[PDB]
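Structure follows of piclamilast associated with 3',5'-cyclic-AMP phosphodiesterase 4B.
All chain A residue numbers match the PDB entry; in order, they span 163-485. All values below come from the heavy atoms of this structure, side chains included, with hydrogens, waters and symmetry mates left out. Note that ligands are numbered from 1 as they come in the structure, with each ligand's atoms numbered from 1 the same way.
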Amino acid sequence: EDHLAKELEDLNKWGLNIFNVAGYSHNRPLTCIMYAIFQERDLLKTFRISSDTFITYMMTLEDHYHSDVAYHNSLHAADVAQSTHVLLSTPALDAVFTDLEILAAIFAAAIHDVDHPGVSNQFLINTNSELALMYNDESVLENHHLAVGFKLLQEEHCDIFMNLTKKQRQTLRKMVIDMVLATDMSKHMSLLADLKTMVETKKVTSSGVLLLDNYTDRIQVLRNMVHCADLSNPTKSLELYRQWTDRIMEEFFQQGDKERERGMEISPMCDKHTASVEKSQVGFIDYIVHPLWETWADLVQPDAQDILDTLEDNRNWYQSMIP
Ligand SMILES: COc1ccc(C(=O)Nc2c(Cl)cncc2Cl)cc1OC1CCCC1
Ligand SMILES: [Mg+2]
Ligand SMILES: [Zn+2]
């Protein structure tokens, strides 16, 4: 409507408010934002993706995120997808990626947490869930999200890549699997050490645009790009960041409650009777988010300085809320 259209004028901006798009799209944010992103970038045209087919796939994908899970629902997928869309336009990365890689990244963002049950890999492993047994305790959820996303492409009424070549579809699938498996937090520390090595030997053309020799280098920047998007909540305006915080805490505390009911050990940031929301966000920024974004900023400097300044300001707000 008039409000949804005013809000999507920010489609290519970090300042986009996804909670507002959700309000004006019948709580179908993922479908609305993916369709806006694909039109903006001409991906339907480029890959002969039918409009009805793409919408039918996106609405089914969306319906497979659980609406009664406080944080890992379709609003988070929508946010990571839109955030990824903006990152891909960063001046330092201009003309580096093929249209195929741009398509895989945004697609990956969208499916990256589908059918998330609101509990962590460790909880599924310690409770002997069917998923942990299925995936042998390794990147349990991530493998599951990929499995569902790619499974949904099997029916013809839903195959949005049916017009890619075979070499393209295979190249796509490889890239998407690689990006989503990289969202597993147990991989965070080595992805970052690898990102730091990429900065160390960064080469740029005369116009301030990164030089990415082969596929190895590009997929490395893309995995890291979806990972930053996944970890982008604290880099957004304070107003958005706080709603995201409320949401991750509601989910984590629910798991905490399930751990207790089952008499399991409770992870300190999941225990609602003792955990500080404010200290936890400060630690989250100091030990995970800042270290990561600081490195992303070096890679694409100075494109992410605004983001780094917002992150620091948001850090200081949570610190001042701590007695
Ligand atoms: C707004 O706050 C948060 C947002 C996201 C996450 C987070 O861990 N996300 C995440 C998860 Cl839960 C699993 N895999 C990958 C990612 Cl990026 C964690 C957040 O806060 C932490 C967890 C509770 C205390 C601070
Ligand atoms: Mg995830
Ligand atoms: Zn996620």
Counting duplicates, which parts of the structure are piclamilast?
ligand 1
Using a 4.0 Å cutoff against the non-hydrogen atoms of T345, which atoms of piclamilast qualify?
14 (N), 15 (C)
For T407, the piclamilast atoms whose distance to one of its heavy atoms is below 4.0 Å
1 (C)
Which atoms of piclamilast are found less than 4.0 Å from any heavy atom of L393?
17 (Cl)
Check each of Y480, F414, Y233, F446 against atom 3 (C) of piclamilast and report the one with the nearest heavy atom.
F446
Which UniProt domain of chain A is the main contact region for piclamilast?
PDEase
Selection from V242, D392, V388 by shortest heavy-atom distance to atom 16 (C) of piclamilast
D392
Can you check which of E413, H278, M347 brings a heavy atom nearest to atom 13 (C) of piclamilast?
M347
Within a distance of under 4.0 Å, is there any protein heavy atom near atom 20 (O) of piclamilast?
yes
Is piclamilast under 4.0 Å from a heavy atom in the side chain of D346, in the backbone, in both, or in neither?
neither
So, going by heavy atoms and a 4.0 Å cut-off, which residues UniProt tags as Mn(2+)-binding in chain A does piclamilast reach?
none
Please check whether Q443 reaches piclamilast - meaning an N/O of the residue sits under 3.5 Å from an N/O of the ligand, judged on distance alone.
yes
Contacting atoms of piclamilast, where contact means under 4.0 angstrom from a heavy atom of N395:
1 (C), 4 (C)
Protein contact to atom 24 (C) of piclamilast [nearest heavy atom, distance to 0.1 Å]
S442 CB, 3.6 Å
Looking only at heavy atoms, is any part of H234 under 4.0 Å from piclamilast, and if so is it the side chain, the backbone, or both, or is it neither?
side chain
Piclamilast near UniProt Zn(2+)-binding residues in chain A (heavy-atom cut-off 4.0 Å)
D392
UniProt active-site proximity: piclamilast and chain A (heavy atoms, 1 Å):
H234, 4 Å
List the residues forming the binding site of piclamilast, heavy atoms under 4.0 Å.
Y233, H234, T345, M347, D392, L393, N395, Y403, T407, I410, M411, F414, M431, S442, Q443, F446
